**Student:** 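My structure is below; once you've seen it, I'll send some questions.
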Amino acid sequence: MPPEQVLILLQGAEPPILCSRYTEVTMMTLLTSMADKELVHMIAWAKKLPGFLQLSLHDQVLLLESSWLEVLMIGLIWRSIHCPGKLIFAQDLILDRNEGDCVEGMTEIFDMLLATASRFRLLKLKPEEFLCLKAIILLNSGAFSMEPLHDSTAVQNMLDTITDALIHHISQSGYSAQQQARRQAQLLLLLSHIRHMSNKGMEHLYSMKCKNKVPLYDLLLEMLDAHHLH
Amino acid sequence: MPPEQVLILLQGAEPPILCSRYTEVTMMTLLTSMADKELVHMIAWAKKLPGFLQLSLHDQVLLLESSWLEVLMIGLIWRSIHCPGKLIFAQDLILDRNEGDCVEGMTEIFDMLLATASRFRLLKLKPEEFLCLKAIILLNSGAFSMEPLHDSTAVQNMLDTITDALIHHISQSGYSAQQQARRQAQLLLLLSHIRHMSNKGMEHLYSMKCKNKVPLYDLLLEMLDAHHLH
Amino acid sequence: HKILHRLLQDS
Amino acid sequence: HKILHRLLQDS
Ligand SMILES: C[C@]12CC[C@@H]3c4ccc(O)cc4CC[C@H]3[C@@H]1CC[C@@H]2O
Ligand SMILES: C[C@]12CC[C@@H]3c4ccc(O)cc4CC[C@H]3[C@@H]1CC[C@@H]2O
């Protein structure tokens, strides 16, 4: 499958635009509500990725369990790429850095997202680049946690097809062979910071609900429970 | 400065080979002892990196404070690349996965390191590749935590010089233009997992010492305190 | 099983 | 200051 078709398929697999409908409990309800709704469509997004359905059901749950928060946050960052000092969770749900105070430790997590958003601008991130990154995030997970991959190589095959798609995209974006090979580096180095926010988000979302302040969602809680933190 | 000279300079900056001299307290003392000793020479290693000394003292501490555990672990993994099921902290300090049981939660951290070691083999990681990665780790940190970089661009300049050095190295290793551009991807995707172990190692090293079981080292504790966890 | 197992086996 | 500040200003 040629990469230029892979870039169109990644665009087609994109989940729909979602809408919504503040103190500590209200902030958490609103964000956890949006997470659970996006989690449902993220399942559909993954299935459309080439080779995903051919994986075992054991491997499909494994990648989604390991990367769901990373996948969420890169999506939230990408929706806020062109809105400064603001996190665009939904089109009608716009929050700034200030009102994270309502939740303890939230304002810390907002700044790392906003900085990653402001970074995306300076790099002039393109939509094709984001689609490969968000896809690469799903498959680069499940490289340790724990639990093993039944078909570890098949996942690497899908990862290399998206790698080649991102490479192909950069090869025809107006970049010389010097900056061509380095733009790939600048985009993949962002994956470490996103994973860092994942561990901070998971740990924050675990302190809550263990404080009995997160609403009962059966999908969100199954995804948090999939990490088995303490 | 041409990249091939950068690869030699990275090799020259390498810290010396270190030596050492089990229950819970003994395991922790041995590993924390080795960490503090390596931390001292890691300071010397960073100073030799081109452009590092020209940074402000505020920026030098910032990169080392943010990445010291990542830098440590990639070093431990790289020393254990060609010894299976074993972590080579020092040449005379050889541990396997089994005796991590002495410390609570340690055996979990050992497996992620060992898996990252076994990965390095399958990719047939080369020493030049490791030198750029360990260097890239130091500079890719300090991209958020928090605290700002005085000269954020100067750090990116040093990061791009090491990026070009790793690119140059791969361009003459026997790789076609298809696998050339993807080997860079496979090596940088490992940085997310290493950062993940960093957050797990930091949190484990914080539970200890707060349990009053880690020996008094003034450098190691200053580096842990630099993250200000809770 | 989970809701994940259900949503993955859907259409 | 710290020991880090000392080891960085050394030679
Ligand atoms: C997961 C949290 C609630 C849901 C938030 C969310 C919700 C939806 C979304 O698309 C992205 C994010 C990223 C930040 C998440 C938050 C970080 C901490 C909090 O627990
Ligand atoms: C930091 C820990 C002690 C020191 C260990 C060490 C010590 C030296 C070294 O070169 C690498 C590592 C990686 C794993 C570290 C451990 C992980 C958890 C523990 O707190």
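To find a chain, count down the sequence lines: A is the first, B the second, and so on, and within it residues start at 1. Start at 1 and go down the list; that is how both ligands and their atoms are numbered. Going by what the header records, the deposited coordinates were determined by X-ray crystallography, 2.8 Å.
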**Student:** Which option, zardaverine, flurbiprofen, estradiol, matches the molecule at ligand 1?
**Tutor:**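 That's estradiol.
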**Student:** Look up in the PDB entry the name of the chain making most contacts with estradiol (ligand 1).
**Tutor:**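 Largest number of contacts: Estrogen receptor.
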**Student:** Looking at estradiol (ligand 1), which other chains have a heavy atom under 4.0 Å from it, would you say?
**Tutor:**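 Other chains in heavy-atom contact: A.
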**Student:** Using a cut-off of 4.0 Å, list the other ligands and ions near estradiol (ligand 1).
**Tutor:**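 I find none.
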**Student:** Which organism does the PDB entry associate with chain A as its source?
**Tutor:**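 By the entry, the source is Melanotaenia fluviatilis.
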**Student:** Could you pull out the residues near estradiol (ligand 1) at 4.0 Å? Heavy atoms only, by chain and number.
**Tutor:**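 Sure - by heavy atoms, that gives A:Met28, A:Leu31, A:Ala35, A:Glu38, A:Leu72, A:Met73, A:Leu76, A:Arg79, A:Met106, A:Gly201, A:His204, A:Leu205.
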